[PDB]
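Bound complex of Ion transport protein and 4-hydroxytamoxifen.
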4 protein chains.
Amino acid sequence: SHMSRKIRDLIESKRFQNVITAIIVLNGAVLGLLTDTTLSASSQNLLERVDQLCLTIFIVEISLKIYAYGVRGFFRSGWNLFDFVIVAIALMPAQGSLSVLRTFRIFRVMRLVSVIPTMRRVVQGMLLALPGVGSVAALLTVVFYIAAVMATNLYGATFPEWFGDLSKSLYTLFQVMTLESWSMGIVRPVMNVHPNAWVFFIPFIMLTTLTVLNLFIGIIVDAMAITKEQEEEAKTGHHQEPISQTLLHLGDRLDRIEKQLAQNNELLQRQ
Amino acid sequence: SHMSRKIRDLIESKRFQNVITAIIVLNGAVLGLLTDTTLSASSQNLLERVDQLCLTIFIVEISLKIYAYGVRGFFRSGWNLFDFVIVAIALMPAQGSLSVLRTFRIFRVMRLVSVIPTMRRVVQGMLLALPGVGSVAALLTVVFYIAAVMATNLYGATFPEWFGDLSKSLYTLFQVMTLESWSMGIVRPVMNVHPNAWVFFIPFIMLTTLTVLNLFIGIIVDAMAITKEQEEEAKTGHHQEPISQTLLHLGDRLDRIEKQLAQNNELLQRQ
Amino acid sequence: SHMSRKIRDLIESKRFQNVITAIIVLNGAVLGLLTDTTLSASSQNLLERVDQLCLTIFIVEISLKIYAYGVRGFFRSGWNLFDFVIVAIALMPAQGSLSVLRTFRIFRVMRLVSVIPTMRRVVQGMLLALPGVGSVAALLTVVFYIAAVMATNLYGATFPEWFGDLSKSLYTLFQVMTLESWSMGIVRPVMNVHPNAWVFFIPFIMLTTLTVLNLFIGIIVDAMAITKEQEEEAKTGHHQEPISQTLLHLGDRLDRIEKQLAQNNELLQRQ
Amino acid sequence: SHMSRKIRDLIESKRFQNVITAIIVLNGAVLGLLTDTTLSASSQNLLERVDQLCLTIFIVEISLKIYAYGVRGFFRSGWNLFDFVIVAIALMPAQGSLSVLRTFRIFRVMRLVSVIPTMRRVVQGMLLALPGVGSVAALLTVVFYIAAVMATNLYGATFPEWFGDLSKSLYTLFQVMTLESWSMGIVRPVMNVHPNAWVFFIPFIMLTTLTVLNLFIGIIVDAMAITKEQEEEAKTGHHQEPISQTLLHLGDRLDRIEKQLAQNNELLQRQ
Ligand SMILES: CC/C(=C(\c1ccc(O)cc1)c1ccc(OCCN(C)C)cc1)c1ccccc1
Ligand SMILES: CC/C(=C(\c1ccc(O)cc1)c1ccc(OCCN(C)C)cc1)c1ccccc1
Ligand SMILES: CC/C(=C(\c1ccc(O)cc1)c1ccc(OCCN(C)C)cc1)c1ccccc1
Ligand SMILES: CC/C(=C(\c1ccc(O)cc1)c1ccc(OCCN(C)C)cc1)c1ccccc1
Ligand SMILES: CC/C(=C(\c1ccc(O)cc1)c1ccc(OCCN(C)C)cc1)c1ccccc1
Ligand SMILES: CC/C(=C(\c1ccc(O)cc1)c1ccc(OCCN(C)C)cc1)c1ccccc1
Ligand SMILES: CC/C(=C(\c1ccc(O)cc1)c1ccc(OCCN(C)C)cc1)c1ccccc1
Ligand SMILES: CC/C(=C(\c1ccc(O)cc1)c1ccc(OCCN(C)C)cc1)c1ccccc1
Ligand SMILES: CCCCCCCCCC(=O)N(CCO)C[C@@H](O)[C@@H](O)[C@@H](O)[C@@H](O)CO
Ligand SMILES: CCCCCCCCCC(=O)N(CCO)C[C@@H](O)[C@@H](O)[C@@H](O)[C@@H](O)CO
Ligand SMILES: CCCCCCCCCC(=O)N(CCO)C[C@@H](O)[C@@H](O)[C@@H](O)[C@@H](O)CO
Ligand SMILES: CCCCCCCCCC(=O)N(CCO)C[C@@H](O)[C@@H](O)[C@@H](O)[C@@H](O)CO
Ligand code: NA
Ligand code: NA
Ligand code: NA
């Protein structure tokens, strides 16, 4: 229709993005002021209404989009669904789920990612890089589970605060992996009772730090290449051959042209 | 034979892998529940039998493989030998070795690596990357030994808990390398007695952190390329020229084709 | 003019650079000696005059440059403007700004960067690499703000020293991100009152360490390539195609020449 | 001569290298046993003689080399000079230098690097990578000096143990850069007296961690490429074009051959 044609161009305008961005920043700034308990009852009521104002502008924004794109058209984008859920959850009447409350209204500032395209790209590259490190992430999960069971059996009776159960052991092994007081706080005290405890903890540190670095480098290198590759697909409109494919086949492509040159030289030398 | 033909296809089926995977997870989950000492005698006896059930399924699995592939055929794979040793050790009657016990039945969860091919590849790439960092690993071992001897001679009489002997010094130098309370916990106290101790510990930290990072980056970069190269060899069936060789000879290959072009141009300009 | 021709060649001479370098080192060395409060009143007065001498040589240096290049010519370089501001601020009479004093005369040693070209290049590569990581830096800023608001609401009433307000929470979240006593000092004490606090802090650590590593790797890789690319532009005088462009179009360029070879082969086989 | 022909081939034999390697390990193992103060006077005298035996074998080894290569020929290699100095210093009668003693006989184990070629290559690549990071290393040195002077002036009167003088401040800034108790141990106590101290320490941490990572990544990436490039020069005998040069000129080389193809196509289409 005509009403669903200008609205899309209003939605796609730089100023509309900037207006929404300004309202996200504003909502975020009022939620930060609401952390101050010394504020007067009138100041709290004022900011709570600016929060209500900000939220209503997001209901108008999402409705404008659902109409101008359609239910199937809007929910076709993962970013729009995320934007929908962020706003729709604020109007959820006693939602049934394992948690505590929804005071986490500050997760509305996470919309700065979906609304700013330079930031949307960064998060997109990182998210697209996750499936590819699933195996490394699972190997790290296996090492933690094996280690947690071993630590609970070995040290739980003598160190119940740190290794009393599986939960306690996963928490202190995560601390050990982060190298946080691993020796002065955990292993030297454990070695006073179990002198060969270093046989367990030093290999655990060696293995988990390498794996977590592997996981992190893997995510970073992939996210960087995916982003670069997507920017090129956006600029030209043509599909970008991933760099790994270009590098894997560089040898094959060079020898083929070397051979095609030699046969063109053979037909040339004898004419 | 006919009996050693369908069994191989049963062994190679996705559902058989999934059945074994489910039994590994199950065994791992019952071993984790067995860390809880508050459980009733009947609950402990129940889970211990589910452990026996899981173990028997692995004996049937390995036997099925040894028959369908042969002794020489099965033990030709490093992964199958690993799978054999994991299961066979659970039936080892008082094995003679320097240790304590075999309560580490949880190392059976490490079979998730050998049974899941996406995880088998990750560990394979990492293991194939180790011989190549042997020299860096040995340099780190030399620096630790020299440092341990120096620290024992310099500080062992005044700081016996940390440097009293070689073992004690290797342990606290490893802690120092991990930057764990290196200054507030070790070096500021040591400097109160030996004021120039920083001349020993600051260069030691500078050298070992660079070397350990070198070792780790070396493993990660190699494991990533080896995996990528093996996936390409698996996809096409052709041997993949390692990227280092492609990069080292990129210059040579380009100038050769440049020259072959210039000589083809020379025969063309004068015909 | 003739007076603004030899001065430029004096300014561009290796010995003039070395003379200025020697005066920066000298000024830096006297400012370091002036940190010693045990010095006699005559020794303090002596060094304070060597500081005055060093400062005057920089006024002569900058004036020499402004004359030999012109106001528009001198201030056309970001490095010269930096050099101008460093020297000009020492003669600022009670400048109006939010601070405390200008005792930070030691920021004059930062001129070793602008005066030594090998060091000017390093800092240049790093500075040119910053706009490109602005989105990652902003994502990290968003995560910190959301987390600070959450931590203030959740823990500020029970842990006011660490989370009492927004400022306090940003400071302890930065400490948590650096892994400094995150568990023994902050989270184990917080968990004694709020047992599921690990649900907040472990994901926060996981997310911020990956993002800060991403930010850092991004800066390092870019600064390294920018420097390499600028050295090549300086050596040849020709514009250097950035490596990302060379890599993105490597596939396209190889298939195009492959096709141009095949069509040259087609005209050759049938002549 | 004939006597200086077979000795060189004896010196270059795998077994001679292995004999020297075995004597280095042996000397290192006896020096490690000599750290144990509980040993009997006869055991100490025994090991001290095995040290004398090991040292004499190195005097015979070096003399054998100086004769078989010549004074100019032997001292032409940096590795041989290092090997000469390690052995010659053990016979230095009260050498005049600023130190304490030469009990550091364990630095003789550092010969395992010069004697094992796979380890000699690793250290060689690392040493050749140092001149290239000199500017980054100097930038880090400048930041530390500026920071040390600032910290001494700002905090030395109120925190004399940590910032009382320049030496004290460089030591605690190095600790701060390593993130070792930077907040719970240094900055939270400093902020109790100087509440805006975080304005100094948080930027200092941000800047030095990025620079030290830059320095380290720079060394690692260069050492890896230098080693790879030297192995190729050793294998073929031909000079290896450094990868940076191959990558910088990849664009130029591809467009040149693209143009040479188009002109060969132009002469072909009209014959
Ligand atoms: C196209 C980028 C990419 C990868 C890549 C990124 C950067 C780069 O420099 C090279 C490659 C990539 C390649 C392989 C990969 O394997 C994951 C293995 N699974 C089974 C765990 C993951 C990402 C990829 C991402 C998702 C699916 C498939 C491929
Ligand atoms: C050596 C080039 C390379 C890769 C590569 C190797 C051979 C080849 O033919 C093509 C590329 C590389 C790049 C990315 C990569 O991603 C997979 C990571 N997993 C963990 C998701 C693997 C190898 C690389 C490895 C680590 C860091 C940066 C680059
Ligand atoms: C084929 C991959 C590879 C290496 C490699 C991996 C990734 C990459 O981007 C480039 C190369 C490799 C190359 C050299 C190397 O040297 C080790 C030196 N020893 C003597 C300590 C190790 C791995 C390699 C692995 C085992 C043996 C030989 C080579
Ligand atoms: C610069 C490209 C490169 C290597 C390279 C340099 C020159 C060349 O002609 C070919 C490749 C590189 C890659 C891997 C590598 O592995 C050996 C590591 N050892 C420690 C096992 C060495 C250099 C590299 C170095 C560090 C990280 C990622 C990539
Ligand atoms: C030319 C180097 C470069 C980049 C680069 C450096 C090294 C390298 O190996 C590859 C590329 C670069 C490329 C992309 C980039 O995107 C930033 C995204 N913004 C929107 C946050 C940044 C730097 C760049 C720097 C400034 C502006 C534009 C490009
Ligand atoms: C795999 C090669 C690569 C990049 C690359 C991928 C594909 C392509 O066609 C060209 C290059 C790479 C290099 C730099 C880069 O910079 C942007 C970083 N942002 C965060 C500023 C992105 C990808 C790279 C990624 C991480 C570290 C080192 C190298
Ligand atoms: C040939 C390797 C190399 C460099 C290099 C190594 C690996 C790689 O992937 C690319 C290049 C290199 C290049 C530049 C460089 O600049 C140093 C700047 N100085 C002025 C501080 C250093 C090393 C180099 C080493 C010494 C002198 C000159 C060049
Ligand atoms: C993007 C490829 C690259 C470099 C590169 C960029 C452009 C170009 O045309 C050629 C190479 C690279 C490699 C090494 C390097 O060394 C200098 C380091 N200094 C600090 C000694 C610089 C850039 C690189 C950068 C960081 C890590 C690994 C690889
Ligand atoms: C990838 C690795 C992921 C590790 C995740 C750890 C989750 C387990 C933490 C948890 O739920 N706890 C129960 C809830 O309290 C245990 C910790 O709280 C406990 O270890 C201690 O901190 C103290 O409670 C007891 O001293
Ligand atoms: C690559 C580097 C590898 C370093 C490996 C260190 C192994 C040595 C540890 C060991 O076997 N110990 C004896 C067994 O107790 C010593 C430690 O336990 C000891 O240093 C202290 O922790 C206390 O026991 C004394 O205060
Ligand atoms: C990218 C992340 C950037 C984080 C930047 C943090 C700035 C906030 C620090 C600040 O201005 N403070 C007020 C000035 O004191 C707060 C800290 O000082 C406070 O948290 C504590 O250290 C104690 O003062 C109270 O226990
Ligand atoms: C690239 C960065 C390089 C930093 C190098 C630091 C060298 C300075 C260390 C030194 O020589 N000291 C004098 C010798 O004692 C000072 C330290 O010892 C001192 O800071 C404290 O540790 C205590 O002595 C006082 O509380
Ligand atoms: Na740390
Ligand atoms: Na710590
Ligand atoms: Na730490």
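Below, read A as the first sequence line, B as the second, and so on, with proteins coming before strands; counting in each chain starts at 1. Because only heavy atoms are used, hydrogens play no part in the values below, and waters and symmetry mates are left out as well, while side chains stay in. Start at 1 and go down the list; that is how both ligands and their atoms are numbered. If you're wondering, the header gives X-ray crystallography, 2.5 Å.
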Is it possible to name all ligands or chains that make up 4-hydroxytamoxifen, including repeats? ligands 1, 2, 3, 4, 5, 6, 7 and 8
Going by heavy atoms only, which other chains approach 4-hydroxytamoxifen (ligand 4) to less than 4.0 Å? B, D
Within 4.0 Å (heavy atoms only), which residues surround 4-hydroxytamoxifen (ligand 4)? B:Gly132, B:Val133, B:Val221, B:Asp222, B:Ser244, B:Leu247, B:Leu248, D:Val221, D:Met224, D:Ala225, D:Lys228, D:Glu229, D:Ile243
Pairs of nitrogen or oxygen atoms closer than 3.5 Å, one from D:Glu229 and one from 4-hydroxytamoxifen (ligand 4): do any exist? no
Protein residue, atom and distance nearest to atom 10 (C) of 4-hydroxytamoxifen (ligand 4), heavy-atom basis: B:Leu247 CB, 3.6 Å
Which organism is on record in the entry as the source of chain D? Magnetococcus marinus MC-1
Under 4.0 Å from atom 12 (C) of 4-hydroxytamoxifen (ligand 4), can you find at least one protein heavy atom? no
Below 4.0 angstrom, counting only protein heavy atoms, does anything approach atom 18 (C) of 4-hydroxytamoxifen (ligand 4)? yes
Any protein heavy atom at under 4.0 Å, with atom 24 (C) of 4-hydroxytamoxifen (ligand 4) as the reference point? no
Nearest protein heavy atom under 4.0 Å from atom 4 (C) of 4-hydroxytamoxifen (ligand 4), yes or no: no
Find all atoms of 4-hydroxytamoxifen (ligand 4) within a distance of less than 4.0 Å from any non-hydrogen atom belonging to B:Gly132, and give their numbers and elements. 21 (C)
